[PDB]
Peer 1: 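Please take a look at this structure featuring oxytetracycline.
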Protein chains: 2
Amino acid sequence: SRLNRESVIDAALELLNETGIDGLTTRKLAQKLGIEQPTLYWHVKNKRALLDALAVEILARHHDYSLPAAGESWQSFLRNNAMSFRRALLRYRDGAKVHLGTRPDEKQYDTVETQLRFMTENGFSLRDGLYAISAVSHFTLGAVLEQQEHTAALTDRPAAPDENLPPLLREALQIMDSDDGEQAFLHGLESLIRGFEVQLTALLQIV
Amino acid sequence: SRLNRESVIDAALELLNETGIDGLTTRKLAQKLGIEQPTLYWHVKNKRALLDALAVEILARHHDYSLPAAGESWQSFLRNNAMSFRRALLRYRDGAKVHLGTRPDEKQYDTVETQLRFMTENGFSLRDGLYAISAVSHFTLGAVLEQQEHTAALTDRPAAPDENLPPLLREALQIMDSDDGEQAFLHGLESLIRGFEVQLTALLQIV
Ligand SMILES: CN(C)[C@@H]1C(O)=C(C(N)=O)C(=O)[C@@]2(O)C(O)=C3C(=O)c4c(O)cccc4[C@@](C)(O)[C@H]3[C@H](O)[C@@H]12
Ligand SMILES: CN(C)[C@@H]1C(O)=C(C(N)=O)C(=O)[C@@]2(O)C(O)=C3C(=O)c4c(O)cccc4[C@@](C)(O)[C@H]3[C@H](O)[C@@H]12
Ligand SMILES: [Cl-]
Ligand SMILES: [Cl-]
Ligand SMILES: [Cl-]
Ligand SMILES: [Cl-]
Ligand SMILES: [Cl-]
Ligand SMILES: [Cl-]
Ligand SMILES: [Mg+2]
Ligand SMILES: [Mg+2]
């Protein structure tokens, strides 16, 4: 089929979503595209470069809340941004995984520069604003990956017996099995944001 | 070589550390152990079960701060525990990755029940204590994985040019390249803990 960049990335994203990073091989990508491997190689040579492109594409498609509304508080922006980031990463198998360790792409520079400047306009130093952004990002990535991977491993095996569990752990596992992860995510997100705030508002005060 | 459980797990952990989850194959594990694949299969059949065992072993070996000191505050316990968890996960290639989505093993029940009870003795409901524990865990996992994966991909390719970057992003990348991730981790950890505290101390007050 067609092998422009958009279509190669579209096929790789479809494949990722089917069988994850491990199934994103030259043979399988070549097969989905109905081409031979040396044909594929002309268009994409390097798995990390493909993964990097997929990480960028996932957010282009489904990360809706990348910039603050006019007059929006930093707290509200980080909340809305985090929910959006989470939703985008949950949209594909291994979506969070593809993101890990990437750095912003040139297609994202204007957006992420605006995010950083926005933080600094709300009183953060660049460094403290980056710490807040990194913490929200890391929290969100971790939450998504644990959610995704746990669900994936139900398929590779049953959990365990209910029998030998101690009681608080038994209830905690019930609490966790009763939701997809969003409730715990939202709770932790607020705790994170409030701690950033206490830190920002302290200035040079002991806090 | 010897194929008791301890030795199979020891070889799989060595292999994980060399080439990660992708290199942890039956051929490669069989090779490290100097055995044939059907020999290996008698001892370990299921990759997820092996990964699960490795996630448990990593913490047994190197997660030193799994329980509170007598009289230790919950805040201090979560801080010390998180630093320890992070150090244990950083100790092997893909260590954080192997952890993702696991649930506590029976060998860990007494310890993790104690952690949960400890939280509830310090005023958290089981659910809110679990939210705090999950948030700290998710934050820590995300931070470690981003650190590890970024470093891994320097080897698969150079980053980019310095030229076209906007200025705040340029400085932010300098800030990040100047540390391994520990400074941002510690800062975010304190923000997290303080937000848990504001939440706990509020009780039924609007906060
Ligand atoms: C989740 N959210 C907080 C951000 C975000 O919404 C975006 C995005 N493209 O809209 C990121 O790229 C964002 O998710 C993200 O991935 C970022 C980073 O990776 C990052 C980095 O690794 C080094 C320097 C700067 C950054 C940033 C500023 O681009 C962040 C960025 O703020 C993150
Ligand atoms: C990092 N730290 C906060 C904890 C920890 O130090 C340990 C450990 N074995 O010492 C966990 O297993 C710990 O890291 C960890 O992984 C936990 C969980 O995965 C978990 C879970 O998935 C479902 C229910 C309960 C749990 C817990 C309580 O076992 C947590 C546990 O509190 C986490
Ligand atoms: Cl074409
Ligand atoms: Cl789509
Ligand atoms: Cl607002
Ligand atoms: Cl033996
Ligand atoms: Cl060791
Ligand atoms: Cl203390
Ligand atoms: Mg990122
Ligand atoms: Mg866990």
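Just so we're on the same page: letters track the sequence lines, and every chain starts at 1. What's counted below: heavy atoms across the whole structure, side chains too, no hydrogens, waters or symmetry copies. All ligand and atom numbering here is 1-based and tracks the order in the structure. Method on record in the header is X-ray crystallography, 1.4 Å.
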Peer 1: Provide the full list of ligands or chains belonging to oxytetracycline.
Peer 2: ligands 1 and 2
Peer 1: What does the PDB entry call the chain with the greatest number of heavy-atom pairs under 4.5 Å to oxytetracycline (ligand 2)?
Peer 2: tetracycline repressor protein class D
Peer 1: What other chains contribute a heavy atom less than 4.0 Å from an atom of oxytetracycline (ligand 2)?
Peer 2: A, B
Peer 1: Please give the covalent link of oxytetracycline (ligand 2), as residue and atom, or none.
Peer 2: none
Peer 1: Output the list of atoms in oxytetracycline (ligand 2) that are nearer than 4.0 Å to some heavy atom of B:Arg103, sorted by atom number.
Peer 2: 22 (O)
Peer 1: Using a heavy-atom cut-off of 4.0 Å, name the UniProt tetracycline-binding residues of chain B that are that close to oxytetracycline (ligand 2).
Peer 2: B:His63, B:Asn81
Peer 1: Just to check, does B:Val136 reach to within less than 4.0 Å of oxytetracycline (ligand 2) when the distance is taken from its heavy atoms?
Peer 2: no
Peer 1: Need the oxytetracycline (ligand 2) atom indices (1-based, order shown) with element for anything under 4.0 Å from a heavy-atom of B:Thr102.
Peer 2: 22 (O)
Peer 1: Could you check which UniProt Mg(2+)-binding residues of chain B come within less than 4.0 Å of oxytetracycline (ligand 2), heavy atoms only?
Peer 2: B:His99
Peer 1: With a 4.0 Å heavy-atom cut-off (strictly under), which part of B:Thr140 contacts oxytetracycline (ligand 2): side chain, backbone, both or neither?
Peer 2: neither
Peer 1: Going by heavy atoms, is B:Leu67 under 4.0 Å from oxytetracycline (ligand 2)?
Peer 2: no
Peer 1: Specify the protein heavy atom at minimum distance from atom 2 (N) of oxytetracycline (ligand 2): its residue, its atom name, and the distance to 0.1 Å.
Peer 2: B:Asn81 OD1, 2.7 Å
Peer 1: Around atom 25 (C) of oxytetracycline (ligand 2), find the nearest protein heavy atom and jot down its residue, atom name and distance.
Peer 2: A:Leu169 CD1, 3.7 Å
Peer 1: Which residue and non-hydrogen atom of the protein lie closest to atom 23 (C) of oxytetracycline (ligand 2), and at what distance in Å?
Peer 2: A:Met176 SD, 3.3 Å
Peer 1: Could you tell me whether some N/O pair between B:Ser66 and oxytetracycline (ligand 2) is separated by less than 3.5 angstrom?
Peer 2: no
Peer 1: Among all protein non-hydrogen atoms, which one is nearest to atom 16 (O) of oxytetracycline (ligand 2), and what is the separation to 0.1 Å?
Peer 2: B:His99 NE2, 3.0 Å
Peer 1: Give the numbers and elements of all oxytetracycline (ligand 2) atoms closer than 4.0 Å to a heavy atom of B:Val112.
Peer 2: 9 (N), 12 (O), 28 (C), 29 (O)
Peer 1: Tell me which other ligands or ions sit closer than 4.0 Å to oxytetracycline (ligand 2).
Peer 2: ligand 10 (magnesium ion)
Peer 1: So for oxytetracycline (ligand 2), is B:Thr111 a polar contact partner (N or O within less than 3.5 Å, distance only)?
Peer 2: no
Peer 1: Source organism for chain B according to the entry?
Peer 2: Escherichia coli
Peer 1: Is there a nitrogen or oxygen of A:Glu146 sitting under 3.5 Å from a nitrogen or oxygen of oxytetracycline (ligand 2)?
Peer 2: no
Peer 1: Note the single closest protein heavy atom to atom 21 (C) of oxytetracycline (ligand 2), along with its residue, its atom name and the distance in Å.
Peer 2: B:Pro104 CD, 3.7 Å
Peer 1: Can you check which residues touch oxytetracycline (ligand 2) if I set the heavy-atom cut-off to 4.0 Å?
Peer 2: A:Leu169, A:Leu173, A:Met176, B:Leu59, B:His63, B:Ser66, B:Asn81, B:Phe85, B:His99, B:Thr102, B:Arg103, B:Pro104, B:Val112, B:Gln115, B:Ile133, B:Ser137
Peer 1: Between oxytetracycline (ligand 2) and the protein, which N/O pairs fall short of 3.5 Å?
Peer 2:
residue                    : atom   : partner  : partner atom : Å
oxytetracycline (ligand 2) : 2 (N)  : B:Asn81  : OD1          : 2.7
oxytetracycline (ligand 2) : 6 (O)  : B:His63  : NE2          : 2.8
oxytetracycline (ligand 2) : 6 (O)  : B:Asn81  : OD1          : 3.3
oxytetracycline (ligand 2) : 6 (O)  : B:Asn81  : ND2          : 2.8
oxytetracycline (ligand 2) : 6 (O)  : B:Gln115 : NE2          : 3.2
oxytetracycline (ligand 2) : 10 (O) : B:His63  : NE2          : 3.0
oxytetracycline (ligand 2) : 10 (O) : B:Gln115 : NE2          : 3.1
oxytetracycline (ligand 2) : 16 (O) : B:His99  : NE2          : 3.0
oxytetracycline (ligand 2) : 32 (O) : B:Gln115 : OE1          : 2.8

